[PDB]
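Next up: a structure with ganciclovir.
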Number of protein chains: 6
Amino acid sequence: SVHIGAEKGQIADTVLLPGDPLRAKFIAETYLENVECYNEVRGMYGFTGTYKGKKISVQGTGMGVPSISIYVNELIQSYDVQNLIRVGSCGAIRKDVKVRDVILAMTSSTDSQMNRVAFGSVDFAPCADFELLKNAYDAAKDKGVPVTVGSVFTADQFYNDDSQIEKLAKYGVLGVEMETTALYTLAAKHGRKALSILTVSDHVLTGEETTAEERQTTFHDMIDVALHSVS
Amino acid sequence: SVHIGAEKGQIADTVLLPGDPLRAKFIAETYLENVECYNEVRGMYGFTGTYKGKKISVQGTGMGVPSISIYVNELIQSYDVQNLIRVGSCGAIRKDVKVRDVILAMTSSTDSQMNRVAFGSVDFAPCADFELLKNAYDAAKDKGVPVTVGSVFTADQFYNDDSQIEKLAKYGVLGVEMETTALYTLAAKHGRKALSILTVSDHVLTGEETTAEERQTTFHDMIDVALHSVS
Amino acid sequence: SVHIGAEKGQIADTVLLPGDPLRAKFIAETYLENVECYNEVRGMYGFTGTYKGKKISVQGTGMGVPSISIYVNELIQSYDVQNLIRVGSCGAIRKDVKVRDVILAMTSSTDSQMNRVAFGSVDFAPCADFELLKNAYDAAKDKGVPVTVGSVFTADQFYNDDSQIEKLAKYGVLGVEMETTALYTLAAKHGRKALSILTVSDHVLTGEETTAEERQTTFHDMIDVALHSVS
Amino acid sequence: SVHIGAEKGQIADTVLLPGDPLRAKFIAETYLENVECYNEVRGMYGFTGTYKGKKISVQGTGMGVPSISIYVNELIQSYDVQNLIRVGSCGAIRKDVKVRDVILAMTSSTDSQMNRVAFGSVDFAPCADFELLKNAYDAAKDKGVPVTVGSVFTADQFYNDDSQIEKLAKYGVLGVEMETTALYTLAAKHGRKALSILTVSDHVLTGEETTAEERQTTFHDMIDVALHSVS
Amino acid sequence: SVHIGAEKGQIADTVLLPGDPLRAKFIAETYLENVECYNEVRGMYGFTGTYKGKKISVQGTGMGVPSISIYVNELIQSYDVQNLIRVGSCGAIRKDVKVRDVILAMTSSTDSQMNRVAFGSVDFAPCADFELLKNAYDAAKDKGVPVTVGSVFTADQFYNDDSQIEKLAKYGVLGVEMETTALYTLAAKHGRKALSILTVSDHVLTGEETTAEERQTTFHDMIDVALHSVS
Amino acid sequence: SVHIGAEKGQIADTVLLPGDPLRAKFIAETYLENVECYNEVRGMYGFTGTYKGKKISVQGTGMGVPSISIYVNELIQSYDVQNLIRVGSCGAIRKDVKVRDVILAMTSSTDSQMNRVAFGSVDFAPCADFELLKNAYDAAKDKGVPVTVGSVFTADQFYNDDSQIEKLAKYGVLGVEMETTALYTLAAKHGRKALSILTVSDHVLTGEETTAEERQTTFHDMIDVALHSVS
Ligand SMILES: Nc1nc2c(ncn2COC(CO)CO)c(=O)[nH]1
Ligand SMILES: Nc1nc2c(ncn2COC(CO)CO)c(=O)[nH]1
Ligand SMILES: Nc1nc2c(ncn2COC(CO)CO)c(=O)[nH]1
Ligand SMILES: Nc1nc2c(ncn2COC(CO)CO)c(=O)[nH]1
Ligand SMILES: Nc1nc2c(ncn2COC(CO)CO)c(=O)[nH]1
Ligand SMILES: Nc1nc2c(ncn2COC(CO)CO)c(=O)[nH]1
Ligand SMILES: [Cl-]
Ligand SMILES: [Cl-]
Ligand SMILES: [Cl-]
Ligand SMILES: [Cl-]
Ligand SMILES: [Cl-]
Ligand SMILES: [Cl-]
Ligand SMILES: [Cl-]
Ligand SMILES: [Cl-]
Ligand SMILES: [Cl-]
Ligand SMILES: [Cl-]
Ligand SMILES: [Cl-]
Ligand SMILES: [Cl-]
Ligand SMILES: [Cl-]
Ligand SMILES: [Cl-]
Ligand SMILES: [Cl-]
Ligand SMILES: [Cl-]
Ligand SMILES: [Cl-]
Ligand SMILES: [Cl-]
Ligand SMILES: [Cl-]
Ligand SMILES: [Cl-]
Ligand SMILES: [Cl-]
Ligand SMILES: [Cl-]
Ligand SMILES: [Cl-]
Ligand SMILES: [Cl-]
Ligand SMILES: [Cl-]
Ligand SMILES: [Cl-]
Ligand SMILES: [Cl-]
Ligand SMILES: [Cl-]
Ligand SMILES: [Cl-]
Ligand SMILES: [Cl-]
C-alpha cells in the first residue's frame, strides 16, 4: 500500500490503533512478544508480535480524520485486517466523566465533512461493533476497571474558535478526540469490526489537567481492555 | 401538558413507546395488570398498569420525528419520565437482518434536519443508553431470542423518491424507521435513558414481506425484552 | 394502501385533512350526511359522507411533515384524490393576526429537510392551488368571515430551542403549524390541488391564549369555508 | 440613495419594475403622461408620470437577485415606496404554460443563497401581496386576458450547467426568471406590497421561441394588468 | 448572443469589464482610438477601439454575480474572448487598505451559491490568471502606482443584515464587491484568462468616504494598469 | 505548546513545512548547517539550522487539515513564526501539469468543513502571501526551473469514493494534496505569511507514475525555490 511498507501476512487480523507512533512502539515492546516492525514509512511505525500466543499488530495513525483514514483504508484493503481498535485519549467535556474512567465509544458526532461528502442531507451516525464493545466492557467489569459507555466527538480542529463542546456535553457527549468517526465509518463500509477505547487527557471546560501518574494508570487499563476485546 | 391529558403521578418512571396507539392499547391490556388509560387526547392513547408489581406506562407516539418529539418532550418535561423505550418495527435493508431478529439500536442516522437545526455543521450522532441496551441484550440472550445490535435510519419520508437506503445498507445500517433519532436525541438532551427495540416489517430492497405469524412472534419477543430492560 | 384500510371508491375526490382523527370524526358527524368510516388503521380515522348531495371525505393526518406525507401520498396514489384541504390551527406569530382571522396559506416556509433532500441547493417554495384558495377567499368574503391570506411556517419541532419565529414574523409570516409544506409539495408533485385553511390557536410570542369560545367559532368558520372551496 | 439620483417626492408610492432600463423608458413614454426622468445613474433609468391622474413610477432593476435587491432596498428605505410591481418575462418550463399566458407569481423557488444567508436551515418561501395579486387577477379576468397563477423559479445562472428546471416543472413551477425571490423577500421584510407579473419569453425545455408579435401583445397585456393592481 | 448585439469580430480578444455601462463609455472614449459601439441591448454598452494600435473592448457587466455571469458567458462562448479584466471598485474592509491602493485580486470569497450549486460540499476557490496578474503588478510597480495583492469578497447583498465582513477582514480579505467570484470561476471553466483590478470606494467599517478627487486618480491608475496586463 | 517540545527562540522566523517528518530530517541535514532537533514529540521532527548564515526551521506536519492545523497553530501562537512554507507533493489532475513542474499555489479549494464551520454560507477562499509567492516565482525563473502558478485542492480523503477531481480539473485546478487550505487560512487569520510549493507525485486520472529520478530532481528544485522565498 502507498503509506505502509509491509508485506503479505506481516500484519495481524487484529490491529491496535494509537495516534502516536512512539506509543505504538511503546505498546508493542511493553505488551507483546516476538515483535517485528513492519512499517517505518513517514516514521508512522507499525509492529506485529504475540499476546498469549496470538498475533496482534499495533499501528500509529497520526492525528485527525484524514490521517487515520489513510491507515485504516490501507489496513483493510491491502492487508485484510478484520478488527481495528483505536486506543487513545480524549478531552472530557463533562464533570461526570472521571479522570480514571475508560471510555468505550458507541458512536461519535463530528464536524468533519467526510460523511456529508458521501451522504449530503443525511446525518450518518457511525456505529461501534457491538461484539468488540461488549467484550471490552466485560473485560473491564471482570477486573473492576471503571468503564463508561457513550458517545464522543470527532473534531477536525484541536484549536477551534467555533467549538460546540458546551452544547455537545449537554446532549450527553463524553469527550472530544480526532479519529473515531473515520475509524467507525470506514470499518463498517468494508464489513470489518471497529471499536475506540479512550482515556481522559483533561477536562477541556475546566482546563483541569490529569496527572502523569493518572495517565500512566489509565493507559495500562486501556491496553489491558484492548487485549481482551476480540472474540 | 399540551398533548397529554394525564395528571401528576399517572405516568410511570418507565414508558414503552409504540408508534400506533391501538398497539399501545394492545400492549397494556395483554401484558399489564390494573390498567388505567390516562390519555385520550387526539386518540393517542397512553396507559399505566403493573408488570410483576412494578408500574409501567405505554404511550402511542404517532409516526415521524415531529410526532414522537411532542410526546417525548412532554413525558420528560411534564411527567418526569426516566426510561423511554420505543417498541416498533423497521424495514430491513440488509439480507443478514433476518425476519426473526430483534434489533437493539445503538444509534441512528437520519434525513431529519432536527439536529442540523441545533448544530449546523456538526453531524450529531444520537446514542442509546448503554444500561438499557445491555439489559435488553441480556434478557434476549437469556431466553435465546435472536438479537442483533447495530444502527438504524430515521426517515422523514416513508415514500422517498431520493432514498439512500442502498448506500446506508453498505455502510452497515440495519433498517429504516421514523422515530429513533428524535427519541435518542431528546432523551439525552434531558439526561433521561432511551432505547429503541425493533422488529422487521419487511425487506424493503427485496419487497419480501414478513408473514402475520412471524410478525406476531417477533412482536411478543420485543415486548418481553422491553419488560426486562430497566435496572 | 399501507396505512389506510379503504376500498376502491370509498374515498371522495375531495378530502378535508384535520391533524386530529377525533376532529375528523367530529367534522364528518357534525357536517355530513350518510357517513361511513372507511379507515380505522392506527385509529387515524377517515370518513366519507355528503354535503349538499356531493361526496366529501375527512381524513386525520397526525402531526408533522412525515405523518401527513404518508396520508397525502396514499390518498393521491392509491385513491386518486383530486382536492386536498387541510383544516387545522397554527400559532400566530404576529399581533396583526387576530384571534378570529381565518388564514388561507399561499405558501409555507419550513425547517423540514424534505425539499433539500430532493433539491439540494434549491429553496423550493410550495404553492397553494390558486383556484381552491380563491374559492375559499370568495366564500369567506361572501359571508363576512374575516380572512387573511399569506404565508405560514411548517415546523418539525413543536418545542424548538432554536426557533426563528421572531425573524419569520418580521418577514411577514403569519403563524406556525406542522403540515403545510408537505401537503403543498406532495400535491403539486402529483398534479393535484391543495389548500391549507387555518385558525389561530394562540399568540406564541405573547403566550396569550385563545378562549374555548373563540376556538369553537373559528373552527366552524374554517369548516364552512372549506365546504365551499372546490369548483 | 447610493444608486438612485432622485430627490424627495420624485418617486411615486407605486413603482413598476422592469429588468431592462430601456423598457422602463418605453413603458413610461408609451403609457404615462407628464413624465420626468428622476434617475440616470448607471443608465438604470427611473421615471415618474401619471396614469389616469395618479402618480406612477417605472424603475429598471438590472438582471439578477443582487441587482434588483439594490434598487428595491433603496426605493423602500430612501423613497418610502409602498407598492412594488415587477413587470418582466420568464422562460416557461411547462407545456401547459401557453405563450399568451400572463403569469401572476404567488411565490418563487430559488438557487440564490440570499435567504439561507439569513435563515440557515430554514427554507424561506417568499410570498406575493395577496391584495395586489387579486387586483391583477381581477383586472385580467375583467378584460379576458388569459392569466395563470402559480410559482416561478428565481435563478442566479441564466446559463446553468446544473439546472433543475426539469424537476421544478414536475413540482408545478411555471417558469424561470432572475428577480422574484429578492423582490418578494425584501418587500415583506419591510412591510411593503409586492407582485411579479410575467410574460413568456420562450419554452426553455423545447427551445421553442415566442414570436415578436406574441411578445408585443403579451407585453401590453402585462402593463395593462399592472396599471390596475393597486387598490 | 442573447444579451449582446454584436457581430463576428466586433469584440476584441481582450475585454475590460466595468460594472457601470456609462463607465464603459467613458473608458472607451477617454482611452481608445477609433471607437465603435457594438452593443446597446439593455443599455449595457460595449465598445471596441484601439490602444497603441491594438484592438481592445470595454463591456459593462451590471451589478452582481448573475449579471456579470450573463456577459462573461456570452463574451466567451459567442465571441471567443481570451482575456477578461474587470475594472471596478470595492469597499475596503481593512485599515491597511489605503484609499489610493490599486487592488489585484488573487482570489475571492463569496456568499453566492453559484459554486455550491456545482460542487456541493466542496468550497471552490476561484483563481486569477497569474500571467495577467503579474503583468498588472509589473505595470504598477514600473510607474510607482501603489498596488496591493490579495483577496476580495463577492457579495450578493450590497445591503446585508447578516454581513460577515468583520470576520472576513480578520482573515485578511481586503474589500467587498459583487463580481469577482463569477468572472474568475467562469473564465477558468472555459480556459480563458481573467483578472480583477479594483479601486477603493470607501472604508465600509468606518463609513469614511473616499473623495471625488481620490476616486478620479485611482480610476485612472486602474485603467492604466489594465491597459498593460495582456502579454 | 501541546505538540511541540521546543523552547523559546529554538524555532526560526521562517519554517519549511513538509508533511513527512523523515523528509523534515532529510531537508535539514542535506541543506542546512549547524542543525539542532528541537522536537521529537510523536516523532514529528522539527529542526533548526542556518542557510547562508540565516536561521531556518523545518517542521513535519503530518497528513491532512487537522494535523497541519495543530502544528501551524502552535508555531504561530507559541513560537511567533512569521513565514510558513509548505514543501510537499500533490497528485496532478491535468495533462498540462507536467511531471517536472514546480507548483506555486495561489489558493486552494477543499472538501474540508473547516471554513464552513467558521463562515457557514460563505465560501472562504484562502490566499497565499503574494510577497512569498512572487519571491519563489522569481527564484524559479532566475534559474530556469519550470514553474506553474495556480490553484490546488485540499482533500480530506486520500481514498475518496465521491471525488470531484474530474470537475475540479475542468475548472483549472492543478492538483490534489491535503494541507494547503489549513495553512493558508490559519496563517492569514493570524497575520502571518504562507505559501505552498508542490511537486507532482503522479497523474491521478491517468494513474501514470512519476519516476524516482524525476521525484528526486523536482524535490531538490522545490527546496531550492523555498530557500529563496523570504524577503
Ligand atoms: N481535539 C482534541 N483532541 C484530544 C483532546 N485530548 C486528547 N485528544 C486526542 O488527541 C488528539 C491529538 O492531540 C487527537 O489524536 C482534546 O482535548 N481535544
Ligand atoms: N420509513 C419506513 N418506516 C418503517 C418501515 N417498516 C416499519 N417502519 C416503521 O413504521 C413507520 C410507519 O409505517 C414509522 O412509525 C419501512 O419500510 N420504512
Ligand atoms: N408548532 C406549532 N404548531 C401548532 C401551534 N398551534 C397550532 N399548531 C398546529 O398543531 C400542531 C400540533 O399541536 C400540528 O398539528 C404552535 O403554536 N406551534
Ligand atoms: N434565467 C432565465 N431568465 C429569463 C428567461 N426568460 C426570461 N428571463 C428573464 O430575463 C432575465 C434576463 O435575460 C432576467 O432578467 C430564461 O429562459 N431563463
Ligand atoms: N457590496 C459592495 N460593493 C461595492 C462596495 N463598494 C464598491 N462596490 C462595487 O460596486 C457594486 C455596486 O455598487 C458592485 O458592482 C461596497 O462597499 N459593497
Ligand atoms: N489526496 C492526495 N494527496 C496527495 C497526492 N499526491 C501527493 N499528495 C500529498 O501527500 C498526501 C499524503 O499521501 C498529503 O500529505 C494524491 O494523489 N492525492
Ligand atoms: Cl517500511
Ligand atoms: Cl494468531
Ligand atoms: Cl489520541
Ligand atoms: Cl471542537
Ligand atoms: Cl456550544
Ligand atoms: Cl385525556
Ligand atoms: Cl413501581
Ligand atoms: Cl413503528
Ligand atoms: Cl428513506
Ligand atoms: Cl443509495
Ligand atoms: Cl380499517
Ligand atoms: Cl359527488
Ligand atoms: Cl393542526
Ligand atoms: Cl419553530
Ligand atoms: Cl429569530
Ligand atoms: Cl441621476
Ligand atoms: Cl397620485
Ligand atoms: Cl425580465
Ligand atoms: Cl436554472
Ligand atoms: Cl432536474
Ligand atoms: Cl445592439
Ligand atoms: Cl489587435
Ligand atoms: Cl464595480
Ligand atoms: Cl456582505
Ligand atoms: Cl463577522
Ligand atoms: Cl521534544
Ligand atoms: Cl537569522
Ligand atoms: Cl505532501
Ligand atoms: Cl478527492
Ligand atoms: Cl467530477
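Here is how names work: the chains are called A, B, and so on, in the same order as the sequence lines, proteins then strands, and each is numbered from 1. Read the numbers this way: they start at 1 and go in the same order the structure lists the ligands and their atoms. Method reported for this entry: X-ray crystallography, 1.7 Å. Values below: all heavy atoms of this structure, side chains included; hydrogens, waters and symmetry mates excluded.
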Q: Map ganciclovir onto the structure by ligand number or chain letter.
A: ligands 1, 2, 3, 4, 5 and 6
(Q) I'm curious which chain is the main partner for ganciclovir (ligand 6) in this model - what does UniProt call it? (A) Purine nucleoside phosphorylase DeoD-type
Q) Around ganciclovir (ligand 6), which other chains have a heavy atom under 4.0 Å away? A)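 Those with a heavy atom under 4.0 Å: A, F.
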**Q.** Nearest non-hydrogen protein atom, atom 13 (O) of ganciclovir (ligand 6)
**A.**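 Result for atom 13 (O) of ganciclovir (ligand 6): A:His3 NE2, 2.7 Å.
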Q.
Under 3.5 Å between any N/O of F:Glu177 and any N/O of ganciclovir (ligand 6): does that happen in this structure?
A. no
Q. Closest non-hydrogen protein atom to atom 8 (N) of ganciclovir (ligand 6), residue and atom name please, with distance?
A. F:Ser89 O, 3.6 Å
**Q.** Heavy-atom proximity to ganciclovir (ligand 6) under 4.0 Å: UniProt phosphate-binding residues of chain F
**A.**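 The UniProt-listed residues with a non-hydrogen atom that close: F:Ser89.
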Q) Can you name the other ligands or ions lying under 4.0 Å from ganciclovir (ligand 6)? A)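 Those are ligand 34 (chloride ion).
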Q: Specify which UniProt purine D-ribonucleoside-site residues in chain F come within 4.0 Å of ganciclovir (ligand 6), measured from their heavy atoms.
A: F:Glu177, F:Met178, F:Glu179, F:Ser201, F:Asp202
Q. Taking atom 17 (O) of ganciclovir (ligand 6) as the point of reference, which of F:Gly88, A:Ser67, F:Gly91 owns the nearest heavy atom?
A.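 Shortest heavy-atom distance from atom 17 (O) of ganciclovir (ligand 6): F:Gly91.
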Q: May I ask you to check whether F:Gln157 has an N/O atom sitting below 3.5 Å from an N/O atom of ganciclovir (ligand 6)?
A: no
Q: Please determine if F:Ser201 has a nitrogen or oxygen closer than 3.5 Å to a nitrogen or oxygen of ganciclovir (ligand 6).
A: yes
**Q.** For atom 4 (C) of ganciclovir (ligand 6), closest protein heavy-atom neighbour
**A.** F:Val176 O, 3.4 Å
Q. Judging by distance only, is a nitrogen or oxygen of F:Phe158 under 3.5 angstrom from one on ganciclovir (ligand 6)?
A. no
Q: Using heavy atoms only, pick out the UniProt active-site residue of chain F nearest to ganciclovir (ligand 6) and give the distance to 1 Å.
A: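 Going by UniProt and non-hydrogen distances, it's F:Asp202, 4 Å.
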(Q) Could you identify the single nearest non-hydrogen protein atom to atom 14 (C) of ganciclovir (ligand 6) and state the distance to 0.1 Å? (A) F:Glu179 OE2, 3.3 Å
Q. How close does the nearest protein non-hydrogen atom get to atom 11 (C) of ganciclovir (ligand 6), and which residue and atom is it?
A. F:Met178 SD, 3.9 Å
Q) What residues sit within 4.0 Å of ganciclovir (ligand 6), counting only heavy atoms? A) A:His3, A:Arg42, F:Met63, F:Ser89, F:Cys90, F:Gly91, F:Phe158, F:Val176, F:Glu177, F:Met178, F:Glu179, F:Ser201, F:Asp202, F:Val204
